[PDB]
Peer 1: 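Working on a deposited model featuring trandolaprilat. Questions ahead.
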Amino acid sequence: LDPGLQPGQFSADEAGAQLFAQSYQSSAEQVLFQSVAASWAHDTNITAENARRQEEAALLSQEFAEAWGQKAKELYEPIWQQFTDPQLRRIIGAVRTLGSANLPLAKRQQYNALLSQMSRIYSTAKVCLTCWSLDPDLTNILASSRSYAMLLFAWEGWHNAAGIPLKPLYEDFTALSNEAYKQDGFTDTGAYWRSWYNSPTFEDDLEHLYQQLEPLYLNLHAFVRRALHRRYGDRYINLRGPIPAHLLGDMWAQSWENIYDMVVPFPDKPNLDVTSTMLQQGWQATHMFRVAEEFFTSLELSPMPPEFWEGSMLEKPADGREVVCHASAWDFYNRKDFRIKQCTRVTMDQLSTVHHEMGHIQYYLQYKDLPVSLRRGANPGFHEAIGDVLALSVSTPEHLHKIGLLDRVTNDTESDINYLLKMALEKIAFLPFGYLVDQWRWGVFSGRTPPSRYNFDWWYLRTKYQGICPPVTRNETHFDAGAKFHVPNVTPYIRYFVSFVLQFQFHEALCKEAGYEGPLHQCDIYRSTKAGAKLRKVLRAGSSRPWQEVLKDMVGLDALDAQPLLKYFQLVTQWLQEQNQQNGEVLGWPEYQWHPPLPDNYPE
Amino acid sequence: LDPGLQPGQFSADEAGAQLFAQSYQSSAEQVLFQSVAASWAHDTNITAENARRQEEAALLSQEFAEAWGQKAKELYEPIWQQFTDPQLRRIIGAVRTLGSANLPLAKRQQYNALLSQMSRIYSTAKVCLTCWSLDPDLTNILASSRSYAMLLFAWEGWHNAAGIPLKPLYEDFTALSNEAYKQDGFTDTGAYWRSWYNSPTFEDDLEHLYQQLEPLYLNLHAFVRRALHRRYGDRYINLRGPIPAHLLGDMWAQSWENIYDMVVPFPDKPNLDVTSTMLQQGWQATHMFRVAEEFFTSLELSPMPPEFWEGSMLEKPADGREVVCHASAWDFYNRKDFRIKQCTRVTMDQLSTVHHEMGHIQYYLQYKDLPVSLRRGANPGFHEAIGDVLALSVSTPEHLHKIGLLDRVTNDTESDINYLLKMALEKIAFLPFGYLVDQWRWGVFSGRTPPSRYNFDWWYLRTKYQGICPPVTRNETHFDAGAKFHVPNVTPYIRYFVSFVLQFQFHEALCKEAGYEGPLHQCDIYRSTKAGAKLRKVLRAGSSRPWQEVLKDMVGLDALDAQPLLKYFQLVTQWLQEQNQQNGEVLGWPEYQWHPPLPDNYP
Ligand SMILES: *[C@@H]1O[C@H](CO[C@@H]2O[C@@H](C)[C@@H](O)[C@@H](O)[C@@H]2O)[C@@H](O[C@@H]2O[C@H](CO)[C@@H](O[C@@H]3O[C@H](CO)[C@@H](O)[C@H](O)[C@@H]3O)[C@H](O)[C@H]2NC(C)=O)[C@H](O)[C@H]1NC(C)=O
Ligand SMILES: *[C@@H]1O[C@H](CO[C@@H]2O[C@@H](C)[C@@H](O)[C@@H](O)[C@@H]2O)[C@@H](O[C@@H]2O[C@H](CO)[C@@H](O)[C@H](O)[C@H]2NC(C)=O)[C@H](O)[C@H]1NC(C)=O
Ligand SMILES: *[C@@H]1O[C@H](CO[C@@H]2O[C@@H](C)[C@@H](O)[C@@H](O)[C@@H]2O)[C@@H](O[C@@H]2O[C@H](CO)[C@@H](O)[C@H](O)[C@H]2NC(C)=O)[C@H](O)[C@H]1NC(C)=O
Ligand SMILES: C[C@H](N[C@@H](CCc1ccccc1)C(=O)O)C(=O)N1[C@H](C(=O)O)C[C@H]2CCCC[C@@H]21
Ligand SMILES: C[C@H](N[C@@H](CCc1ccccc1)C(=O)O)C(=O)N1[C@H](C(=O)O)C[C@H]2CCCC[C@@H]21
Ligand SMILES: *[C@@H]1O[C@H](CO)[C@@H](O[C@@H]2O[C@H](CO)[C@@H](O)[C@H](O)[C@H]2NC(C)=O)[C@H](O)[C@H]1NC(C)=O
Ligand SMILES: *[C@@H]1O[C@H](CO[C@@H]2O[C@@H](C)[C@@H](O)[C@@H](O)[C@@H]2O)[C@@H](O)[C@H](O)[C@H]1NC(C)=O
Ligand SMILES: [Ca+2]
Ligand SMILES: [Ca+2]
Ligand SMILES: [Ca+2]
Ligand SMILES: [Cl-]
Ligand SMILES: [Cl-]
Ligand SMILES: [Zn+2]
Ligand SMILES: [Zn+2]
């Protein structure tokens with residue numbers, strides 16, 4: 001480690017710790033920058049040379065984290081907890097968690113190589129007969145094809161191509177991660193990930209939320225299953241069994257917005273999927289980011305700086321180059337460079353994803369002047385919820401009208417049910433998946449799910465929560481969890497479940513602050529500088545204060561609460577219940593063993 | 001209740017509590033007697049009258065615990081914790097746990113009635129094609145038929161006939177039981193059941209034990225699956241998938257000794273299943289119990305008293321009267337009456353069941369002069385292990401020879417493998433099932449497994465631990481867990497897993513104390529008065545002391561330990577590994593979704 005980057009001496013006391021943290025910050029920005037830079041270079045241009053570079057950068061970071069980690073231990077191990085300065089106890093608390101830097105060098109190199117090989121396998125996998133990529137080709141098939149055999153080929157192809165080769169690496173990664181975090185005092189890596197919510201009752205709290213939300217999901221599921229039955233027939237849809245996992249518009253069945261056209265309650269009201277209009281009008285990626293931005297400035301939040309426009313990758317490269325297409329928002333930790341990397345497609349759901357990603361950037365712009373260790377959301381779920389909250393306003397028929405995407409206006413009970421159903425396809429359908437992913441991963445980290453049951457336990461959870469089944473037989477040579485980006489890329493998931501609850505609490509609060517007094521689901525906070533100021537206080541706080549207190553200042557309550565979500569959706573919750581009873585549906589999937597047959601001429 | 005049964009007044013201090021506890025136990029014997037008495041009259045004679053009587057007694061019993069529980073909290077709720085006398089602290093801890101008695105009266109009724117209907121449904125269910133009962137007909141089919149289609153009909157018949165009508169009742173029971181135990185401070189009934197082991201780390205401890213044992217089970221499974229493939233063929237056995245749940249000798253696939261004849265590793269040697277010889281020689285139920293008894297008296301433990309021989313039901317009644325055939329051992333809490341109720345069949349596995357049950361009685365005889373509250377095992381696993389320990393000695397080829405059931409065996413490597421394999425079929429195969437039943441039930445009690453997932457979670461666990469699959473499609477109308485006796489009869493199961501480890505610890509201790517020095521698996525403690533004396537000390541102690549301390553005095557360690565089991569089985573564990581490698585077996589069942597097809601014209 002360069003001399004300039006190494007820790008000096010500090011007193012063993014709180015005044016030393018303050019100088020320590022200032023010295024650290026000087027040197028940490030340079031180290032975070034080189035690492036983020038090498039990551040960007042690789043992810044926007046996957047080559048062996050760029051992967052070698054990212055590996056060395058990652059090793060440099062570990063070296064740093066180890067020297068500054070062991071020094072912070074040596075000097076403040078038994079005294080940091082008693083520091084008067086709360087921001088300082090959290091900075092110190094971060095620095096002395098070494099993570100992967102606890103590993104000896106050989107294992108550190110093995111760890112860094114595993115992350116790089118898993119990322120590469122996921123982001124370069126293809127399905128062939130001439131080969132389809134995930135983004136855009138398979139994405140578009142899952143979204144728009146309504147042919148059982150085509151969707152299946154895409155589903156199976158992807159899960160096989162991405163999952164099967166990840167499995168040996170994922171096992172090795174899991175052992176090393178655990179070894180690393182056990183030397184910071186955690187039983188396993190999952191315990192460390194959960195520690196970020198600083199709540200003793202986290203798992204119980206999540207479970208109590210899910211119990212309130214589950215009836216919504218059960219009713220949506222049944223109603224969608226019925227619409228699937230009418231299209232696909234009795235051979236492929238069991239009205240008392242799980243839904244085949246390739247029919248819901250998305251590779252993971254995680255959001256069902258793309259089958260909206262098959263399930264829309266009242267088809268001669270306004271068409272609320274404005275994708276056709278966007279194409280018809282000639283929208284491109286950069287227009288989508290510009291329109292997101294202008295929402296932010298309408299609140300008196302910050303525009304995207306020049307560095308963002310010059311550096312970002314907003315379209316899939318046409319010049320050959322392999323890239324990681326999975327959308328992401330990047331802080332370079334130099335207070336100057338912030339970028340998005342997205343293989344943006346011109347669709348309504350991508351407009352929402354553009355807002356999601358820009359919400360990440362906006363957080364990074366607002367907390368850029370905190371110490372590096374406090375440059376995070378009050379919890380991870382808060383960072384995931386910012387962009388989603390604005391997208392709630394953008395999605396409204398009134399807002400869409402204002403931005404020229406929805407010529408007709410209507411305010412009647414049918415249009416409202418259409419809108420809430422569309423939104424339930426996006427938000428309610430995701431809840432089970434949001435919850436289950438890290439239940440899977442927590443079991444893997446703890447050792448409850450060994451390699452020999454990775455796929456068995458995955459599908460147990462998928463059926464248990466989402467009420468889906470795999471459309472072809474799977475066995476333990478398959479590694480279907482590995483066909484979802486966040487598993488190989490080691491990104492936690494429970495943030496998204498937290499986010500899907502939190503965003504409705506935020507929405508309700510920002511709507512009331514804006515002076516809005518109509519139904520919660522028709523609120524649009526566009527141009528509300530009051531709403532703006534309230535959101536700004538959250539974004540500026542970073543992780544400098546407990547998330548419970550930041551939440552309480554924002555929404556007046558110190559806990560996750562499903563009530564705002566339930567309220568937003570109440571009309572469609574009631575409507576779906578009534579429809580399902582009148583149709584005589586079975587709620588749930590009591591034929592839990594059922595799987596559909598193979599199509600007759602498959603795949604030939 | 002009667003006034004003479006309702007509590008006195010007592011000072012709020014340790015001296016009061018000593019008198020209190022004495023006054024409690026005097027009155028509780030009378031109350032336990034009439035309860036157990038009515039239960040007996042019902043189980044050997046299922047009618048509505050007998051059910052009504054049992055219900056009354058249960059109500060009376062709740063009334064008792066109510067009053068005595070109220071009084072114990074009222075008098076000592078703060079202070080009992082700081083009593084010097086540990087034995088007293090345990091008695092008072094128990095008294096203020098009210099259970100079902102926390103229930104309001106109407107729900108007391110309701111709970112008492114669902115038990116009766118669930119018991120009845122299980123024990124009177126039949127399979128018709130002239131109708132087959134579980135015991136003996138379906139038991140015998142599962143044991144000895146080698147026709148895929150007959151076994152299937154029996155398996156599906158039973159699961160459907162018993163399971164399906166239990167489900168609505170089981171749901172109501174579960175809610176009532178949870179409500180009861182929440183008022184004593186347990187999150188749920190499962191947490192109460194588990195409190196019996198007085199161990200913060202119980203669940204972790206069980207899991208750590210299962211991890212050491214699991215390789216043994218995996219090697220046995222693969223070896224047996226291979227044997228079944230040779231027999232049934234590739235259509236019905238997947239060499240990389242779970243074994244169809246009807247093929248292993250038992251309705252629940254829980255122990256596999258009855259397919260021994262199909263898997264025996266060196267077949268030409270003497271037949272270590274002495275069933276043929278027992279029938280040839282004209283053995284009957286009575287003889288089986290008399291031979292068991294005499295093993296106990298060889299140790300200078302107690303003979304069965306006259307009241308046991310006069311009162312017991314040791315055969316299935318031929319008047320036809322509905323009975324609960326499931327074998328059980330009965331303490332009447334009067335220090336006089338002790339009985340077994342068993343529909344005894346003349347087989348070698350029943351001879352072990354006879355010893356198992358007689359182990360319960362021996363316990364009850366040895367602690368009959370204790371305060372009722374100490375009249376249980378040091379933990380429930382202790383009680384389940386006693387008769388099993390003696391049965392391990394009885395099952396040895398040398399012991400069998402001594403009681404005229406087998407010609408002398410050659411003491412060579414092959415006869416040893418044969419024997420250890422038979423014993424693995426009985427003991428190792430049981431381990432997963434022993435562990436999973438209460439995993440299922442704890443999930444139901446905690447709310448993790450709602451009615452809408454009773455069968456899904458059941459089969460998850462079955463496949464996860466036993467590596468079996470249902471041979472016909474099941475859905476949530478089926479309630480396959482209800483087709484196992486202990487579920488409708490609300491009897492915990494984890495005691496059997498604990499027992500199956502404990503028994504090997506005991507066996508090693510008793511063998512060392514007998515002065516035996518050969519292999520663990522060839523020991524016979526028959527006629528060792530020293531071994532007998534050591535077991536007597538355990539049995540006399542009841543639950544007067546922490547099971548950890550009782551165990552330490554007996555065996556040297558203060559915890560459950562798989563090492564004695566591993567050592568008993570070492571030779572066959574090594575052999576099974578080698579067989580499996582040479583056949584190129586896959587250990588486990590990676591084709592986890594696999595289920596067999598239906599046979600051609602079924603039914
Ligand atoms: C779409 O339509 C709803 C319904 O509007 C109401 O019912 C219709 C059937 C007609 O009778 C309308 O005249 C009638 O307003 C609109 O929601 C309603 O908006 C108004 C405010 O804009 C709400 O009233 C306010 O109530 C607050 C206190 O809550 C008072 O302080 C205010 O003075 C004010 O009167 C009204 O409660 C609300 N109704 C519901 C069910 O929430 C909605 O605004 C309209 N939406 C769009 C997008 O135009
Ligand atoms: C596990 O499955 C693989 C993949 O086979 C496919 O998935 C199976 C679960 C089942 O649906 C099969 O019909 C599918 O072919 C099995 O390996 C393949 O086996 C096929 C056919 O048996 C064979 O032709 C291929 O070479 C194998 N590979 C591929 C690319 O399909 C595997 O044997 C199953 N069991 C185990 C333990 O992995
Ligand atoms: C049976 O023979 C063993 C010795 O032979 C070995 O172990 C057998 C179990 C069998 O598997 C053979 O093929 C083996 O070659 C006797 O064991 C010894 O006994 C003495 C006396 O206690 C003891 O000191 C030794 O340690 C024992 N050795 C072993 C192998 O543990 C065993 O006692 C014999 N018993 C009978 C029934 O004849
Ligand atoms: C597109 C989005 N991408 C993620 C990218 C996260 C990431 C972390 C670290 C290194 C690299 C990438 C994000 O921006 O949070 C995403 O994966 N998801 C999740 C998904 O698509 O699975 C859940 C989605 C909820 C709605 C908004 C988009 C959310
Ligand atoms: C036959 C035996 N019957 C049980 C009877 C239990 C019982 C408790 C309360 C009221 C009524 C019955 C017993 O003696 O533990 C039994 O069920 N099993 C269990 C079973 O057969 O499922 C597990 C067996 C392990 C070896 C010994 C026999 C064990
Ligand atoms: C992708 O990254 C590669 C590194 O693998 C970049 O390669 C450098 O590019 C130019 C010519 O292509 C040379 O001057 C360098 O010496 C290259 N290095 C190697 C190892 O070839 C490449 O330019 C990148 N592509 C883009 C468009 O950024
Ligand atoms: C549950 O299953 C019942 C019995 O048959 C089983 O399922 C049918 C569909 C066949 O596949 C058969 O081989 C199985 O053992 C059905 O009658 C019943 O409708 C099923 N569904 C429900 C909701 O109970
Ligand atoms: Ca779409
Ligand atoms: Ca989508
Ligand atoms: Ca048997
Ligand atoms: Cl997270
Ligand atoms: Cl128990
Ligand atoms: Zn995000
Ligand atoms: Zn027993």
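Throughout, a chain's letter reflects where its sequence line sits, starting with A, and its residues are numbered from 1. Just follow the structure's listing: the first ligand is 1, and inside any ligand the first atom is 1. Heads up, header says this was done by X-ray crystallography, 2.2 Å. When reading the values below, keep in mind they use all heavy atoms of this one structure, side chains included, and skip hydrogens, waters and symmetry mates.
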Peer 1: What are all the ligands or chains assigned to trandolaprilat?
Peer 2: ligands 4 and 5
Peer 1: Of all chains near trandolaprilat (ligand 5), which one has the greatest contact count, and what is it called in UniProt?
Peer 2: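 The chain with most contacts is Angiotensin-converting enzyme, soluble form.
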Peer 1: Which other chains show a non-hydrogen atom at a distance under 4.0 Å from trandolaprilat (ligand 5)?
Peer 2: B
Peer 1: For trandolaprilat (ligand 5), which residues make up the site at a heavy-atom cut-off of 4.0 Å?
Peer 2: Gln254(B), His326(B), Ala327(B), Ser328(B), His356(B), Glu357(B), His360(B), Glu384(B), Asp388(B), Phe430(B), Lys484(B), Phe485(B), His486(B), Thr491(B), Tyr493(B), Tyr496(B), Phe500(B)
Peer 1: Less than 3.5 Å between some nitrogen or oxygen of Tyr496(B) and one of trandolaprilat (ligand 5), yes or no?
Peer 2: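 Between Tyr496(B) and trandolaprilat (ligand 5) (N or O atoms, distance only) the closest approach is under 3.5 Å.
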Peer 1: Find all atoms of trandolaprilat (ligand 5) within a distance of less than 4.0 Å from any non-hydrogen atom belonging to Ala327(B), and give their numbers and elements.
Peer 2: 3 (N), 4 (C), 5 (C)
Peer 1: Which atoms of trandolaprilat (ligand 5) have any heavy atom of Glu384(B) under 4.0 Å away?
Peer 2: 13 (C), 15 (O)
Peer 1: Number the atoms of trandolaprilat (ligand 5) from 1 as they appear, then name those within less than 4.0 Å of a heavy atom of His360(B), with their elements.
Peer 2: 13 (C), 14 (O), 15 (O)
Peer 1: Identify the closest protein heavy atom to atom 25 (C) of trandolaprilat (ligand 5): which residue and atom is it, and at what distance?
Peer 2: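 For atom 25 (C) of trandolaprilat (ligand 5), the nearest protein heavy atom is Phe500(B) CE1, 3.6 Å.
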Peer 1: Quick one: which other ligands or ions are closer than 4.0 Å to trandolaprilat (ligand 5)?
Peer 2: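 The list: ligand 14 (zinc ion).
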Peer 1: Could you tell me the residue and atom name of the protein heavy atom closest to atom 1 (C) of trandolaprilat (ligand 5), and the distance to it rounded to 0.1 Å?
Peer 2: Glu357(B) OE2, 3.6 Å
Peer 1: Is there any N or O on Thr353(B) that sits under 3.5 Å from an N or O of trandolaprilat (ligand 5)?
Peer 2: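 No: no nitrogen or oxygen of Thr353(B) is under 3.5 Å from one in trandolaprilat (ligand 5).
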Peer 1: Check trandolaprilat (ligand 5) against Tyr493(B) and write out every atom of the ligand that is under 4.0 Å from a heavy-atom position of the residue.
Peer 2: 19 (C), 20 (C), 22 (O), 23 (C)
Peer 1: Need the trandolaprilat (ligand 5) atom indices (1-based, order shown) with element for anything under 4.0 Å from a heavy-atom of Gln254(B).
Peer 2: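 Going through trandolaprilat (ligand 5) atom by atom, the ones under 4.0 Å from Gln254(B) are 20 (C), 21 (O), 22 (O).
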Peer 1: Tell me, which protein residue and heavy-atom name are nearest atom 17 (O) of trandolaprilat (ligand 5), and how many Å apart are they?
Peer 2: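 I find the closest protein heavy atom is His326(B) NE2, 2.7 Å.
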Peer 1: Within trandolaprilat (ligand 5), which atoms have a heavy atom of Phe485(B) less than 4.0 Å away?
Peer 2: 12 (C)
Peer 1: Mind checking whether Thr491(B) has an N or O less than 3.5 Å away from an N or O of trandolaprilat (ligand 5)?
Peer 2: no
Peer 1: What is the UniProt domain of chain B where most contacts with trandolaprilat (ligand 5) occur?
Peer 2: Peptidase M2 1
